[PDB]
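Lab note: recombinant monoclonal anti-testosterone FAB fragment heavy chain, testosterone bound.
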Amino acid sequence: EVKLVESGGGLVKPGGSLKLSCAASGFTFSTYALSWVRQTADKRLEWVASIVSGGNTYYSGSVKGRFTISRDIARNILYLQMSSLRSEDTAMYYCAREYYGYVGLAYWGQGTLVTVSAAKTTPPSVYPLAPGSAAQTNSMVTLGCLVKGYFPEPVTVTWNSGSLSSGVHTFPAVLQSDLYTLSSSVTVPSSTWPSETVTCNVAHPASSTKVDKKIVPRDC
Amino acid sequence: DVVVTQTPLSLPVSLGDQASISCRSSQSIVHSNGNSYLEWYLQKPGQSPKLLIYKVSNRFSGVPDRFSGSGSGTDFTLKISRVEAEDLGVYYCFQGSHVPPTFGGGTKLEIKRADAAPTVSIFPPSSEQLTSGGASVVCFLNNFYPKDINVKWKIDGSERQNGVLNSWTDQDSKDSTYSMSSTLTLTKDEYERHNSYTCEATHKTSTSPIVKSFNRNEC
Ligand SMILES: C[C@]12CC[C@H]3[C@@H](CCC4=CC(=O)CC[C@@]43C)[C@@H]1CC[C@@H]2O
């Protein structure tokens, strides 16, 4: 089974450098063409670079001379060296393997998010969201968590360590003042909470933040 | 640089119907070797793009026969027969005959379903936040269709126009609906100076807004 995994993304200042990694396995490494593709905020995809079986590398005008793709055959690691970074470089970076003979991008990794900015790294604040005064309205209670004021992206959210998956809604972060804000909600049966625990697990890799906020009934 | 133009940017389709996406290159995609490296991809919300079709009409292992591709030179098409909910996401066509290889801007496939009113919930500021000297009132508008909806905030009767942030989730595969978050943020001081907080949802399914609110004097 083909498997590609990216890493190394994070926050970097304008004009800076960064080297991304992509660990491959499941296929003979030096036989196929490996590439780097990126996706910007507007969800547009753009080829960044490729290195074919023979060794030749190829780049696009927007990046030639700043980005250098290379592969470590002994370790099955594909690299992408970035230098003289620009705000436009901000995006999700995917490594992919061709199907065969320069045909298609058959296998993609999960992608590592690279943010180019001068803004300072900032931990998110997680706030529990509990009803204010219980009364009527069916038999299902809705709860939430407000992940506010962090930078940069991304942020991970789960409920009860991933055990609570049904009826969950996690909204995309919104940027305002160099800071991001996101929320998530989970709907459970009234017969459960608060006697049964409901906790949101928020993770923000850039600042090494990992918080488990338990939803508790609001006081007076 | 072969500019690949994709249309529409968004395409509605009901379950079991057919949908077609158009992809056109500013130059021929036919290569010297006689091949045309035109491909199609699908990226579902929160996921990586996936290969569907390559060389105009060749289906990648795993892709259902419902997906067919065709065209030539500069005009290409992706047809999706008997549409299912799981087919939603953004489709992209790709050209690999000229370097640099390029992608089209993408087409978002929306699934049509019965109209559904949002399930609204309002939440007062958490103790922890108040302690920080801040106060955000959050309103969830869950599982609705169509996507267009408006949220109005009122503090003690008057609508509050500033300090609001809204966020729509992508269409959900399980029920073909959408969800939205509305957050009203003020300082702790200004918040403790008022009593009632309400958020009014204006959707197509009703001529009168759905309302949710809480009074601070209440517990
Ligand atoms: C990126 C790619 C592998 C690298 C190929 C690219 C097609 C165009 C191309 C022409 C070349 O001469 C070098 C390899 C490249 C740059 C292929 C498109 C799909 C495949 O995965």
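A note on names: the letters A, B, ... follow the listed sequences, proteins ahead of strands, and every chain is numbered from 1. Heavy-atom basis, side chains included; hydrogens, waters and symmetry copies ignored. As the structure lists them, so they are numbered: ligands from 1, and atoms in each ligand from 1.
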>> Help me out: which other chains have heavy atoms closer than 4.0 Å to testosterone?
In response: A, B
> With backbone taken as N, CA, C and O and side chain as the heavy atoms from C-beta onward, which portion of A:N56 lies under 4.0 Å from testosterone: side chain, backbone, both, or neither?
Replying inline: neither
> Based purely on interatomic distance, does A:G104 place a nitrogen or oxygen under 3.5 Å from a nitrogen or oxygen of testosterone?
Replying inline: yes
>> For atom 3 (C) of testosterone, what is the closest protein heavy atom, and at what distance to 0.1 Å?
In response: A:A33 CB, 4.0 Å
> At what distance is the nearest protein heavy atom to atom 17 (C) of testosterone, and which residue and atom is it?
Replying inline: A:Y102 O, 3.5 Å
> What atoms of testosterone come closer than 4.0 angstrom to any heavy atom of B:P101?
Replying inline: 8 (C)
> Which name does this PDB record use for chain B?
Replying inline: recombinant monoclonal anti-testosterone FAB fragment light chain
> When you measure from atom 1 (C) of testosterone to every protein heavy atom, which one gives the shortest distance, and what is it?
Replying inline: A:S35 OG, 3.4 Å
> Going by the order shown, which atoms of testosterone are within less than 4.0 Å of some heavy atom of A:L105?
Replying inline: 1 (C), 20 (C), 21 (O)
>> Contact between testosterone and B:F94 is defined here as a heavy atom of the residue under 4.0 Å from a ligand atom; is it met?
In response: yes
> Which other-chain residues or nucleotides lie under 4.0 Å from testosterone, by heavy-atom distance only?
Replying inline: A:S35, A:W47, A:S50, A:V52, A:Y58, A:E98, A:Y102, A:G104, A:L105, B:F94, B:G96, B:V99, B:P101
Output block, N or O contacts of testosterone, threshold 3.5 Å exclusive:
{"residue": "testosterone", "atom": "21 (O)", "partner": "A:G104", "partner atom": "O", "Å": "2.7"}

